[PDB]
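To find a chain, count down the sequence lines: A is the first, B the second, and so on, and within it residues start at 1. Below, all heavy atoms of this structure are taken into account, side chains as well, without hydrogens, waters or symmetry copies. Header entry for method reads X-ray crystallography, 3.0 Å. Ligands are counted one by one from 1 in listed order, and the atoms in each one are counted from 1 as well.
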Amino acid sequence: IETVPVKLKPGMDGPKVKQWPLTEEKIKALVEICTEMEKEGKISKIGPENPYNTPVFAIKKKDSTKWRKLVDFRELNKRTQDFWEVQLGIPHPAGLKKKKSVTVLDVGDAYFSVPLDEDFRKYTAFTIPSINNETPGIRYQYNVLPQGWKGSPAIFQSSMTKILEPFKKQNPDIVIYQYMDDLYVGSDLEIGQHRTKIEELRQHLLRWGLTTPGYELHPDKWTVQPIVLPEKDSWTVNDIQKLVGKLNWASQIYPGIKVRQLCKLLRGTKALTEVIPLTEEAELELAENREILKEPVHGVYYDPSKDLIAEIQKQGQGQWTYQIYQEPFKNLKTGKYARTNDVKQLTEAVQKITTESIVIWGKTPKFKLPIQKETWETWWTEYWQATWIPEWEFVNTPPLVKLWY
Amino acid sequence: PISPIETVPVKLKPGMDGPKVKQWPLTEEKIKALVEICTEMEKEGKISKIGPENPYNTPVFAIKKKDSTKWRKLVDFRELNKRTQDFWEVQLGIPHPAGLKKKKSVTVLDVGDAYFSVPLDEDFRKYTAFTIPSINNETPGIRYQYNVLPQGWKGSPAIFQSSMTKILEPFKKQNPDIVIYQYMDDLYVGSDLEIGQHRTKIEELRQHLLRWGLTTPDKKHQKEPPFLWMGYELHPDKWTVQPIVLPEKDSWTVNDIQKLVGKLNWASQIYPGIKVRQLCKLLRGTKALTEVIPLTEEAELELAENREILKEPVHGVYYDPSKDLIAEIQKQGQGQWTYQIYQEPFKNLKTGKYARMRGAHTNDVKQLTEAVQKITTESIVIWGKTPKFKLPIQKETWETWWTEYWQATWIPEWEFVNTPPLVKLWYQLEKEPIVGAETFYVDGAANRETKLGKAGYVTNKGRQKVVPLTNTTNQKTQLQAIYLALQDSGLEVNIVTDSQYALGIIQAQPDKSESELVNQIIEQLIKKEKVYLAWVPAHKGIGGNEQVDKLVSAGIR
Ligand SMILES: O=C1Nc2ccc(Cl)cc2[C@@](C#CC2CC2)(C(F)(F)F)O1
């Protein structure tokens, strides 16, 4: 078939990112995958005349011992945003998040069927390092649409439609959304019928040379993570002082949180241990304040133009709380994540959050991760299972974990 | 020769054309020099004649060789280079000796006239055009262009190494048992064969190379390990660093100290215990490079221990893929960490040290964690796998600190190993207030234009002190106010602050800091038996904060 012409955002030049050092086992994993990808002509070796580079890693399938290749095209996606967002963007259905069930299907192998503009290929150059640098280090570039690239879905968008067409006409109440390598399929059917309609879909896919996984989400049951206020039988100065600290916070967010009554309550210079009475305005203010804290902030709306930000706090005991927002302290959504290694968990939380994020807004958030850069980089690709990679900056969590948001 | 091998197509950067720099007039003897030289190259293909149709000209020079015996041809390519395309980096790393496998026989071959044995891309030659002037610029001068890689051009290193790789692929494939590391125009070949069957294979290699235009030594193989390479001395058996020699002089100049420090840090890869803290302290401050610096007591001794450690040669052994990697970390002094990596008890593969501070206010458990990270990263680059750690910390101490800390932390498989100083948390902060314990409501303030503050406090027992301060920020007045609550206070004390900033530092159980106050506030903390720290909103009017705040900010605010 003919190749779609692609171009970079003028002024910007191809990726020149370093290849993070890998462990022996993933290097072996990769030379096998790349050795085979070459026979099939999906990638060709390149020469030093190519100054470009995009990093690559090896992760695991849906827990099957088979290694998958993961190219970190985070950079090149930024250098191409114009192409895949405005020029050939893919619309996001507001109905998806409402569906009783959503299945995620990895339609990535579908891209290796299409060729890549002979002129763009150089930009997809990657390198398979070698241990202790005892060897130059294998270089390659893609000939077909690569998987981590947000350009792939956009181009293939035309074919995906022909494929899905029949299935869609025969199933008007089923939403299908494509997002970089995956298809999201949601319906309000009963688990049985849904799971059934999925198999049906795989059969259609199957006819265009494309197998499938599984993995079900239930968006209609995604609820807010309120900011809770203690409710103890007793009450100490300390307990009430804190109750005022957190409440105070709930002021620069959730307009209307009255704390003028609870405050000034039992004041002066008393010990912290000293137990205290109660107030009628108290029970009322508490109730009212928490009542307000249960439901979403007023005046906060999603703004398609601005970035999304996900902040995560390590609560302790395998507990993790996070907030997604665009304007600091103006939360679009908050949540929790629970249930061995802190890094292993955190990576899981990020993937969960990114998924929820993609279902609700169609874009991934940028993460403010509560960890040490080096530690994260050394281990994330050890528990990671997604096909995409979100944006991330390493932050330093304040004594804010006190309040849940 | 001139290797048959395909040629790497190079081009100039996008919006640019070949170079056009006028040829500055050279002297007669020089003009003779270049003439005698080019002619030479020309007869061999390295270059060829071209007329005045080539609008591209790059300057030429000539300078005498060793003792002024023969001249050399210098081609200032600065211009072609800024106009030449960018390439892929030659080496993004260097093998670390400790990551090399032990070999039985090893020899090093060196490609003669490498750059000139590789064919420059035709479509590019036109840019590497220069001219040999006529006595006092009259005649036209001779014009030449290149047909092989120019020894000073941007892409010769890249293109040469790439070619040598393609030329070797067949051979390596035929002898997967032969390891060949290529560093510039040198080839390190090692095998587990016998010196007899080794040299046999070697010739087989020289042959394969000849069939490709690359000439190689005959008996000048230089093999004969030792091998001085990249500051190392390689043996088929082991490895170590180039011999270090400590000057031993009366007075030391800044320049002398730096060199010393540089060598010792280079020695620390295999020599355990090298210390440079004291010597490095002496270089703080913009001091003349020729300025003499007297050695403090501490330094004088540090140089001694180092002196001691270096007297007997120490070697590192090579990597055995079949065995595990063990890494043990010891705590030397404050903020200093040393470690060893071995496979068989005490036969070190590599050594090293960690001292990095990493911000102000930090504690040993946090630093040990950092050393583990560094060693882990380093371990992956060199050996491809993370080692098992033997740390001087209790599984107890670790478990407790990790689970409560705000930051997510991991740490590969480890084991305690009782090698004092053991790492420990020097104090804990209570979680629940201390009943029947004074409650100091500290506070502070400071006039911004003046820099006058009043760190003070008030308790639930009437006591209320307010010491004035000069030249302190709004923060220090809050950190100073907490220092107070710790002094005139019992062994158990509840402190209620409104400085999230203060809460932050203290809450992270730091046992060493860059702040003078913070280190003081630490002694206190390590002396109390129960400390409870709570926070409440600043000048928002709360029972306690308001009151102290009153005598704290009344005047001088
Ligand atoms: O794996 C090994 N073992 C080894 C052992 C002793 C000596 Cl001297 C040399 C080597 C070798 C190398 C190299 C270059 C970095 C110096 C060789 F490639 F074999 F030459 O790398």
Identity of drug at ligand 1, options clorsulon, capsaicin, fasudil, xanomeline, efavirenz: efavirenz
Any idea which macromolecule efavirenz contacts most in this entry, and what the PDB entry calls it? POL polyprotein
Which other chains have a heavy atom within 4.0 Å (strictly less) of efavirenz? B
Which residues from the surrounding chains have any heavy atom less than 4.0 Å away from efavirenz? B/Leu100, B/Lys101, B/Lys103, B/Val106, B/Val179, B/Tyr181, B/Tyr188, B/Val189, B/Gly190, B/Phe227, B/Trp229, B/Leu234, B/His235, B/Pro236, B/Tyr318
Which organism does the PDB annotate as the origin of chain B? Human immunodeficiency virus 1
Which atom of which residue holds a covalent link to efavirenz as deposited? none
